[PDB]
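Quick notes on the structure that follows.
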Number of protein chains: 4
Amino acid sequence: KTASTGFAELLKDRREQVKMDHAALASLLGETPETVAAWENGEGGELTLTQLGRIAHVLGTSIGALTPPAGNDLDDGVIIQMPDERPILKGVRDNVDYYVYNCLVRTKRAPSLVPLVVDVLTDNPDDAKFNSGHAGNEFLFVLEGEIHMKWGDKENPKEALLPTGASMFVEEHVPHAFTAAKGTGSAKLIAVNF
Amino acid sequence: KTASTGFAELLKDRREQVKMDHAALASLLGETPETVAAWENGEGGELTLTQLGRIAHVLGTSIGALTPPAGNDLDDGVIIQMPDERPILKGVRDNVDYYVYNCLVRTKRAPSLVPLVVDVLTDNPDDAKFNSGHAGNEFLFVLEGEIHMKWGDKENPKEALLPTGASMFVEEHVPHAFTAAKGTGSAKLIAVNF
Amino acid sequence: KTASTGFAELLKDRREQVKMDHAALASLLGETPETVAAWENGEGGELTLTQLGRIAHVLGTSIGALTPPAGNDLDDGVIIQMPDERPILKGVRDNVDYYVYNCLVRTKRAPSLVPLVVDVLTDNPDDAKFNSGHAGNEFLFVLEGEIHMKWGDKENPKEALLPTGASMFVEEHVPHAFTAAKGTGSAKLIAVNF
Amino acid sequence: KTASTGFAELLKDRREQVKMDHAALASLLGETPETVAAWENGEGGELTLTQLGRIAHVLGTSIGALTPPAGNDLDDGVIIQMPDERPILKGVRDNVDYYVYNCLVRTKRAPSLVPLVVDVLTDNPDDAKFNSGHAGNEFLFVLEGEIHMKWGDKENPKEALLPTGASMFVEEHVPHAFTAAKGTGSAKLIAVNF
Ligand SMILES: CC[C@H](O)P(=O)(O)O
Ligand SMILES: CC[C@H](O)P(=O)(O)O
Ligand SMILES: CC[C@H](O)P(=O)(O)O
Ligand SMILES: CC[C@H](O)P(=O)(O)O
Ligand SMILES: [Fe+2]
Ligand SMILES: [Fe+2]
Ligand SMILES: [Fe+2]
Ligand SMILES: [Fe+2]
C-alpha cells in the first residue's frame with residue numbers, strides 16, 4: 001500500500017472514532033472541509049512531516065497510528081538472499097577497521113530482524129571498542145576462529161573467550177564489544193538482532 | 001517533541017541498525033549524503049508523505065517506526081475536562097438525528113481511549129441504525145432511561161432492553177445499534193472505547 | 001477450555017519448539033516418559049503450582065506460556081450486567097467507610113477492564129486517604145455532586161475541585177485520592193480501569 | 001522468583017484491582033478467608049492446575065496473569081553456550097533420520113528465541129518431509145553445502161536451491177521443508193526461531 005492510500009484510510013478511521021466530521025476536523029486544523037475530504041481520498045501525498053504532526057496532534061494520536069504498516073515483500077511467506085547480493089558495510093571505531101558487516105536477508109514483515117555475518121578485523125582485546133548497547137536482543141554464533149567478548153561497564157567489563165561454534169545472547173541495552181582472540185588475527189561471527 | 005526532531009533521531013537509529021551510512025542510504029534514495037545528514041539534524045520537516053514512504057521502504061520498515069510517539073499532554077500524569085468544554089457532535093444515520101456525542105477527556109498517552117456521553121435521540125427500535133462494528137472494545141453504561149440494544153447480524157440480531165444503571169461490553173468488530181426503549185422518547189448512556 | 005487441556009496442548013507445543021521428546025523432557029524433570037505423555041494427554045490437572053514452576057523452568061519459559069488464556073464468556077461478543085447484580089464492596093481506609101464499590105460488567109476477554117460506580121462517602125479533603133498508585137490507566141467521570149481530587153505526592157499533592165459531569169484520566173502508578181467537596185456530604189463517580 | 005511467591009504477589013494484586021477482600025474471594029471459591037490469606041503469604045505451592053484454573057476464572061483473568069514471568073538466567077545481561085554443551089536431538093519424519101538438531105543458547109528473558117544448527121541428513125528432494133508451519137518467524141542461514149528448500153502447499157510447493165552462505169526468512173505458519181541438494185549427500189544450516 002502507498003503512504004497516501006494508507007493515510008487516507010487510517011485518517012478516516014481515526015476521524016470517525018473520535019466522532020469528528022470533515023467540518024469539525026477541518027476547523028481544528030485551519031483547513032477547509034474539502035481539503036480534509038481530499039486527504040481521505042488519497043490526495044495527502046504532499047503533506048509535510050510537520051503537517052502530519054499537527055493532524056496527529058489534533059486527533060490526539062501519533063503519526064504512526066495514521067500511516068500504513070511497513071508492507072509485505074514476501075514470496076508466499078518467504079524471502080531469499082543469495083550470498084553475492086549481501087550489502088557490505090565497513091565498520092569504523094576510532095578511525096580503525098573494526099568490523100565488516102555483511103548484511104543478510106531482511107523483511108518488512110519483521111523490521112526488527114537484522115541478521116549479519118560480521119568479520120572481526122582486530123585481534124587485540126586491550127583495544128576493544130564498545131558500542132553503547134542497543135535496542136533489541138541479539139543472538140551471536142562464532143562462525144570462525146576465536147572471539148574475545150566483552151560486555152557491561154566499559155570501564156570494568158566481564159569477558160569471555162569464545163571458541164568456534166559457541167553461541168551467545170545479549171539482552172537489549174547491554175553494551176558489548178568483540179575482537180578476535182589475542183594475536184589470532186581475525187575471527188568471524190553471525191549476529192542476529194531481533 | 002516535534003515531527004522533525006523525532007524523525008531525525010529515529011531515522012539515525014534505524015539507519016544505524018541496518019548498518020548503512022549517510023552515503024549508503026543517500027544512494028538508495030537518489031539523494032546526496034549531505035541531504036540525509038540534514039534530515040538527521042532536524043531539517044526533515046518539509047518531507048512529503050510520499051517521500052517518507054520511500055525512506056521507510058528503503059529502510060525496510062514503516063513510517064510509524066521513523067516517527068515519534070503521540071506525545072504527552074498530562075499534568076503530572078493527569079488530565080481533566082470540565083463539563084462545559086466537551087466537544088459536541090451531532091450523529092446522523094439515514095438523514096436522522098440518531099445520536100449526540102458529548103466527548104469526554106482524551107489523552108495522547110492512550111490514543112485508543114475515546115469516552116463519550118451519548119444522547120440517544122430516537123425511541124423506535126424498528127428503526128435502529130447499525131454501525132458496521134469497529135476496532136477496539138467498548139464499555140457502555142446506561143445513564144438515563146431505557147436503552148434497546150441490538151448487536152450481531154443486522155438482518156437477524158440479538159436484542160436487550162437495558163434499564164438505567166445497566167452496564168455492557170461489546171467486543172471489537174461486533175456491529176451494534178441503540179435506541180431508547182419503544183416510545184420512551186430518549187435515553188442517555190456513557191460509552192468508553194478503549 | 002480447561003486448565004488441563006490447555007496445558008496439555010501448550011506443553012506439547014513448547015516441548016516441540018525446543019526440540020525435546022518425551023524422553024528428553026522426562027529426564028530433566030526426573031519423571032518417566034509415560035508421565036510426560038500423560039500430561040500431554042490432559043492428565044496434568046493435579047500438578048502443583050511448584051511442579052508447574054519446574055516444568056516451565058526446564059522449558060526455559062513461564063507458567064503463563066504453558067497455560068491457556070482467560071477464556072471467553074461473551075454472548076456473541078457481548079456481555080450485559082443488570083443494575084441489581086452488581087457486586088458491592090465496602091472500601092475501608094484507616095478504619096473508615098471511605099468508598100463503596102459497585103462493580104460493573106467484566107469479561108475474560110479484557111481482564112484489565114474493571115469498571116466501577118464509586119460512592120465517595122467522606123467529604124473532608126483534609127482527611128483524604130491516598131492509594132499508592134496502581135497498574136493500568138483509569139478513566140473517571142463525576143456522576144453526582146462535587147469531587148475533591150488529589151494526586152501525586154501524598155505529602156504535597158495537586159488538587160482539583162470537579163463538578164458533576166467532569167471527566168478525568170489518571171496514568172498508571174500515579175497515586176490519587178478522592179472525597180466529596182468540603183462539607184457537601186457525599187459524591188459519586190464512575191471509574192473505569194483498563 | 002518462585003511459583004509460590006510470584007503467585008502470592010500477583011493474586012493479591014488482582015484481588016485488589018477487582019475490589020474483593022479475602023472474604024469476598026474466599027466466598028466465590030468455597031474456601032475460608034484464612035486459606036486465601038495463606039496463598040497470598042506464599043503457601044499456594046500445592047494448588048493444582050485445575051484449582052488455579054478456578055481462581056483465575058473467579059478473578060476473570062488467566063492463570064498466566066497470576067503467575068510470575070519466566071525468570072532471569074543472565075550473567076549481567078549475557079549468557080554463553082560452549083559448543084560441547086549443546087543438547088542434541090535426532091529428528092525423525094516417516095521413520096527416517098531427517099534432521100539432527102544441535103541446540104544453541106536459550107534464555108528465559110526471550111523464551112521465543114530458539115536457535116539451532118541443523119544437520120540435514122537426506123539429499124533427495126522428492127522425499128522432502130513438510131512440517132505444518134509453526135508459530136514465530138524463522139531466520140535461516142546455509143552453513144554448509146546446498147539446501148533444497150520447499151515451502152507453501154505441500155501438494156504444489158515453491159522451491160529454491162540455496163548455496164552455502166544464502167540466508168532466508170520464513171514467516172510464521174508457512175509450512176516448509178529442507179533436504180540437501182539432489183545427491184550431494186548432506187547439508188547444514190543455522191535456524192533461528194524468534
Ligand atoms: C557483532 C556486532 C555487534 O553486536 P554491533 O551491534 O554492530 O556493535
Ligand atoms: C453509543 C454510540 C455507539 O457505540 P457508535 O460506536 O457510535 O455506533
Ligand atoms: C475511585 C476509586 C479509586 O480510583 P481507587 O483505585 O480504589 O483508589
Ligand atoms: C530447519 C528446521 C525447520 O525449520 P523445523 O521448524 O524444525 O521443521
Ligand atoms: Fe550488537
Ligand atoms: Fe460503538
Ligand atoms: Fe484508582
Ligand atoms: Fe521451521
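So you know, we letter chains A, B, ... as the sequences are listed, proteins then strands, and number each from 1. In listed order, ligands and their atoms are each counted from 1.
In this PDB structure, the PDB entry names the chief binding partner of ligand 2 as Epoxidase. The drug or drug candidate found at ligand 2 is fosfomycin (bound form). Lab note - other chains with heavy atoms under 4.0 Å from fosfomycin (bound form, ligand 2): A, B. UniProt Fe cation-binding residues of chain B with a heavy atom under 4.0 Å from fosfomycin (bound form, ligand 2): B:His134, B:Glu138, B:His176. In this structure, the list of other ligands and ions lying less than 4.0 Å from fosfomycin (bound form, ligand 2) reads ligand 6 (FE (II) ION).
A heavy atom under 4.0 Å from fosfomycin (bound form, ligand 2) is present in the following residues that UniProt lists as binding substrate in chain B: B:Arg93, B:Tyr101, B:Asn131, B:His134, B:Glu138. The heavy-atom binding site of fosfomycin (bound form, ligand 2) at 4.0 Å consists of A:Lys19, B:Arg93, B:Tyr99, B:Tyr101, B:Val118, B:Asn131, B:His134, B:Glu138, B:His176, B:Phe178.
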